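Everything below concerns the one structure shown next.
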Amino acid sequence: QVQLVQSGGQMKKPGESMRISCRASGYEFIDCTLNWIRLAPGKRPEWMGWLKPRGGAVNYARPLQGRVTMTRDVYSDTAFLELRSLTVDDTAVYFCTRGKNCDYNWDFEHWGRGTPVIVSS
Amino acid sequence: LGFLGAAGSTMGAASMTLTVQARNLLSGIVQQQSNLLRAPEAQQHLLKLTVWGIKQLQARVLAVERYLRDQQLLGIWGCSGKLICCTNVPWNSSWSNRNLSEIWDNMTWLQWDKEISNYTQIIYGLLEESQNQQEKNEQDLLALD
Amino acid sequence: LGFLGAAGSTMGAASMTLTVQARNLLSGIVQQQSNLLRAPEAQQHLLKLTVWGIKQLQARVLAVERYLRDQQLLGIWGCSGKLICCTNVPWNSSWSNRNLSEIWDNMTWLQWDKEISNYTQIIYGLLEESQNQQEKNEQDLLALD
Amino acid sequence: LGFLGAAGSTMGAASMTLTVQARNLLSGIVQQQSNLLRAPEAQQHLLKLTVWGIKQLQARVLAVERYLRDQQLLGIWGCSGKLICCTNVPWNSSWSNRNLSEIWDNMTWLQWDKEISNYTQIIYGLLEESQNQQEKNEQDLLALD
Amino acid sequence: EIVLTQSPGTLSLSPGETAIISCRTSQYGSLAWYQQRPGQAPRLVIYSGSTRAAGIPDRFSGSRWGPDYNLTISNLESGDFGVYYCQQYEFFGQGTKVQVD
Amino acid sequence: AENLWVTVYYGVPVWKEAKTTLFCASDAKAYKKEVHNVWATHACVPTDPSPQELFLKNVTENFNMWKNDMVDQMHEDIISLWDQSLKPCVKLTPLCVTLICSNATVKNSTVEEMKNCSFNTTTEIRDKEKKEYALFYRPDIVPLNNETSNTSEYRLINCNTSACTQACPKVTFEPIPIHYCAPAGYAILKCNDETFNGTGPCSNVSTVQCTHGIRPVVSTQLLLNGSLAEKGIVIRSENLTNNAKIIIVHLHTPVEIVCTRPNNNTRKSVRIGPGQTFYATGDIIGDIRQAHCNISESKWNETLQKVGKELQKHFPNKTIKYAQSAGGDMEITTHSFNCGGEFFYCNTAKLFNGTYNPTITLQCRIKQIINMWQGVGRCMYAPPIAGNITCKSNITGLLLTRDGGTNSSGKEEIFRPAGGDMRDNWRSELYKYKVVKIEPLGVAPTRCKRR
Amino acid sequence: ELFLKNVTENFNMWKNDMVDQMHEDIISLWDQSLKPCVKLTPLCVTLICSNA
Amino acid sequence: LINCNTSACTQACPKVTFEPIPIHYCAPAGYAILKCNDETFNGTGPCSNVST
Ligand SMILES: *[C@@H]1O[C@H](CO)[C@@H](O[C@@H]2O[C@H](CO)[C@@H](O[C@@H]3O[C@H](CO[C@H]4O[C@H](CO[C@H]5O[C@H](CO)[C@@H](O)[C@H](O)[C@@H]5O)[C@@H](O)[C@H](O[C@H]5O[C@H](CO)[C@@H](O)[C@H](O)[C@@H]5O)[C@@H]4O)[C@@H](O)[C@H](O[C@H]4O[C@H](CO)[C@@H](O)[C@H](O)[C@@H]4O)[C@@H]3O)[C@H](O)[C@H]2NC(C)=O)[C@H](O)[C@H]1NC(C)=O
Ligand SMILES: *[C@@H]1O[C@H](CO)[C@@H](O[C@@H]2O[C@H](CO)[C@@H](O[C@@H]3O[C@H](CO[C@H]4O[C@H](CO[C@H]5O[C@H](CO)[C@@H](O)[C@H](O)[C@@H]5O)[C@@H](O)[C@H](O[C@H]5O[C@H](CO)[C@@H](O)[C@H](O)[C@@H]5O)[C@@H]4O)[C@@H](O)[C@H](O)[C@@H]3O)[C@H](O)[C@H]2NC(C)=O)[C@H](O)[C@H]1NC(C)=O
Ligand SMILES: *[C@@H]1O[C@H](CO)[C@@H](O[C@@H]2O[C@H](CO)[C@@H](O[C@@H]3O[C@H](CO)[C@@H](O)[C@H](O)[C@@H]3O)[C@H](O)[C@H]2NC(C)=O)[C@H](O)[C@H]1NC(C)=O
Ligand SMILES: *[C@@H]1O[C@H](CO)[C@@H](O[C@@H]2O[C@H](CO)[C@@H](O[C@@H]3O[C@H](CO)[C@@H](O)[C@H](O)[C@@H]3O)[C@H](O)[C@H]2NC(C)=O)[C@H](O)[C@H]1NC(C)=O
């Protein structure tokens, strides 16, 4: 058994920056991967990133290269996501998830509560 | 299970089931690659210094000491492998003189060798000089001409 | 080098070089006094507690367990020493029925030993029966009159 | 005591007391359940980590390594158990050609095998091929028809 | 910029009926499906093409024959219809969904 | 069938894989003088003076570099040996006090990284304090633009994680090779054949009694001092489409790389206790220049085209493009690199600006409060070395990540350099040498009769 | 003990190793005696004396 | 105190006694000890009266 906690959704205006956090408890963070997933109704889900807390490899998706940023903090056991110059295209819901085991990363057994983001004007 | 399945039974019955001890006297269920258990999962912490590492090493080496010592005591008399053996010297005058009937008819080994315990060294010496006679006679046969 | 020099050769060829495994399954090049190495120079720091010390002792005793267990399993059948043995027991009905020609003409043990693994216990049981029959017959032969 | 009471005697006398070393080659007075010493009293502090604990386990495993290696080298030649053995192989041309009288009359073995040490491997090879010939002949006799 | 697709797109059937879904066409990958949207974050239903995932009802089981890859959904309910997704390696489908009644 | 053929043959060749620990072997000649612990510890064993091998006829066996376990055994063993090396001779540090620095002015000019910094320590008598010049290297101070660093004064970066341990001055650090010989009842199998994809059957197979020497030098995203490939260029990577997994590329030909800490330096002792000796740089002499590296443009460009053309074989019509570092901490993005006790972090942007289808120079920075390995604890503090330091090596391989996102036919494909798991330093050479056990109780029915 | 007939041997006292063995062992046991039960000393502060 | 520019001196355990209580030595199996009973031994050369 394991759970993932999030701070909830935060609504904002077009064309600006924002942050969102997530943490994990149990099944120690320093060994195994994480990932962010985008959920926009009326549009397909699109994988965002996968972060190795062990050494900080990041593999930002090409379509959002540059303006999306991320990091971690081992002692606090958290995961910060950053993005810059948001638009109405990013009207979606965001999740922090983990795979079953620490050798596969495409079949995600544990999902966060979910956190919406809406911008209209 | 060795004798643990047929310990207290009759004398003749015990001789018929002496064989399953060979697995039982060396393997151990828990120390090593047993008939039920293999190497542990978190062996990285077994190899690193731990109290139960010293315990397992002590137990395993003690078992090896035990088996090697008793086999060697049995081996020196030329009885290696042969579960039933036989020696070239009759039995001494004292202790002696007990009838065979009860011993094989109804006795079990638990009550037998307690009186023989203090004299066991004598049987060892007798088997030893028996082996000495046997090996010198082997040398004489080797002396063809 | 043991089988490591002649592992994959023919069925018959394996029997002709079974002997050099005695050195290759007890000594080890590096664990202890070997065919190439001796005691180390800075042994004062090896005897004092060290991370690799427990590794060396574990390796030695594991090799000892490895040799002794299988050597006993071979000994209890009366086959000790005899690099090729023989038993007074037939083979069971199932599994059976494979022709001898290919097994010795061109086959090698690498492709043969897999399928007998699950049935391997049965051979131990039948050999145990053979030893039981043999020891009772030996006891009766001892009974001259 | 073994040759610690009979080392320097005659060759014939040496062969007459080859047996008691079996106790003296495995037991050890102090390491384990000897012929004089049992397990110590304060074993709670023996089992807990201590320098002399590592010394105990080192000594025990070294003795076991030694005895197993020698007994294996002796066994592979078909000489297991037999304190006096015999091989089906001649001796090479060199190093040979010494008169036999002094070797058995008054010679002591301390100065004997000094010059045989460098050639000792050759005897192992000769005994090895002897065992190879013997086992193939055993297989041929086993082949009745 | 798409290589993955699934068929059929939208399906209509009453509660309790059975239907067949498939993902296409030939791109290799470790195939998987994610359950219909209940409203919170979804859950898994299957691994490795044919391995029903832990803590899932037994109404789910797929099949794979090379390019051919199909899934049968049996005994639907009002609490299980919704927007579900097909996973191949990293992409996703086109938007498959099932409506109850 | 006479007697129905039951018998047993002693020995028989047969084997199965099995998890088991391995054993040390290192050239035991020179390091009898390193009584304190170090990688190839003197105790170990002396090496075999006669390594042996044989080629085995017709042996068919499948290797697998990712499934095997001995790499994990080493990742545990070397870490434990590191801890046991920094467990003794280490002076725990009552450092991290209220302190102040300011611009160096060694010459009239200001230095780039150092700052001449006052430091009030404990004197030998616990009641009294005194001031001395001490440690400042800019990456290891918590900054502020005011007349002090931190919110005020300053502190060393360690003191909200764990107590940093002083490295033993007398313990050297040099990566000499080490060997592995499995004990009796075990042996090692070697895949001599070339063009091996890291899995599947390997035909040309030889049995070796003991693994060849390996220098387990730690590093990130630039394999160095590793044994060259057999021929051409190969890509030993467990499946390419699995972009989560890392891609290893190995070179047959070497490329010279050299780096230098050009400045002369000298250490000055400071006392922090009854017998506990601190260390840090005392003074700097001569011309001032940043640490840097030199590399030939032509050979590097040739190697990158060779790697590109060979990896293009795994795709029908796609093209490739390199890029600079992904991002995040300095440890993974920069080129981690070690020589002599001092440490180098080097920016790798200039080495990956190329594209597919005369003396390049690198910027580098020193770091001395190292959060090495896990980043969770066991933080160590190396002592600075006297004089100038120059070090060279043969670059041998690179670590690649395939990025991801949506792709289409005719589009461009992008790789990036990354380090990460230190296990992928030692998986490069030790892909060979499966461990295996032999079970010498083969049986087969054959005619016989005892008597 | 036993006396061995006619045994000839050249004892050599300075070459033998076992003296060094015990010279290491006694020191190690000394350390293992004064490793536990030992109170690390924060002594050496300002002190002042005079004639007793 | 004299110790505080060399190393931290360690307190000796009050409970631990110190006396020169004797110790024997003896070897494991496969090893033995030889003794030179003869007198006037110069520390080298053959010793005749030898006991095990
Ligand atoms: C990849 O592979 C390559 C190729 O093999 C390999 O290249 C070599 O890399 C090393 C650096 O890692 C190069 O540099 C060497 O550095 C030596 C400098 O260290 C000296 O000081 C050490 C500590 O002692 C100091 O401090 C004490 C106390 O303050 C003081 O008393 C001393 O005087 C000294 O100042 C010391 O450990 C070190 O070496 C000694 O000890 C080791 C371990 O016991 C022993 O093995 C050595 O033989 C030596 O006794 C040394 O004393 C440098 O000195 C050394 O040699 C040069 O200087 C000496 C003395 O002046 C000359 O005699 C010699 O001819 C050299 O001029 C050496 O240069 C080394 O040069 C590379 N090899 C080549 C061929 O260039 C890489 O390391 C590998 N790894 C990587 C990551 O690339
Ligand atoms: C490593 O990377 C791989 C990509 O590079 C990645 O992708 C694939 O993963 C699967 C695992 O499920 C591997 O397994 C299979 O490989 C075969 C190889 O093709 C040949 O063999 C098939 C036999 O397959 C039969 O059995 C399977 C069930 O096991 C059925 O689905 C299948 O329909 C068959 O009944 C043979 O049919 C192939 O023949 C051709 O013609 C027939 C008839 O028209 C077609 O039906 C068939 O599709 C094909 O066109 C052929 O002789 C593959 O065909 C299977 O579909 C399946 O993919 C793959 O080997 C692997 N890809 C590669 C290139 O190896 C791995 O998942 C990845 N692994 C990891 C751990 O990350
Ligand atoms: C104590 O430990 C921390 C943790 O490593 C040391 O680093 C500090 O980590 C925090 C993590 O969030 C940094 O936070 C900053 O947040 C702002 C928010 O706007 C962001 O813009 C910055 O880029 C940064 O992420 C913080 O800067 C960083 N440094 C300091 C001095 O707090 C910290 O150095 C350790 N020591 C002390 C005295 O805190
Ligand atoms: C600190 O450690 C030192 C070293 O053992 C302690 O002893 C001091 O050692 C020095 C060594 O040179 C002595 O030097 C003196 O030099 C003069 C030169 O003329 C000579 O005439 C003297 O005979 C002597 O060699 C020094 O006297 C000696 N004692 C002191 C108090 O310095 C020292 O005690 C330790 N403690 C302190 C607080 O220094």
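All chains are named by letter (A, B, ...) in the order of the sequence lines, taking the proteins before the strands, and each is independently numbered beginning at 1. The structure shown is a partial extract from the entry, and contact counts are restricted to the extract.
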Practice task
Determine which of CR8020, VRC01, RG7155, Campath-1H, AZD1061 is the drug at chains A and E.
Solution key: VRC01
Exercise for the section: Extract from the PDB entry the name for chain A. Expected result: VCR01 variable heavy chain
Practice task
Please give the name under which the deposit lists chain E.
Solution key: VCR01 variable light chain
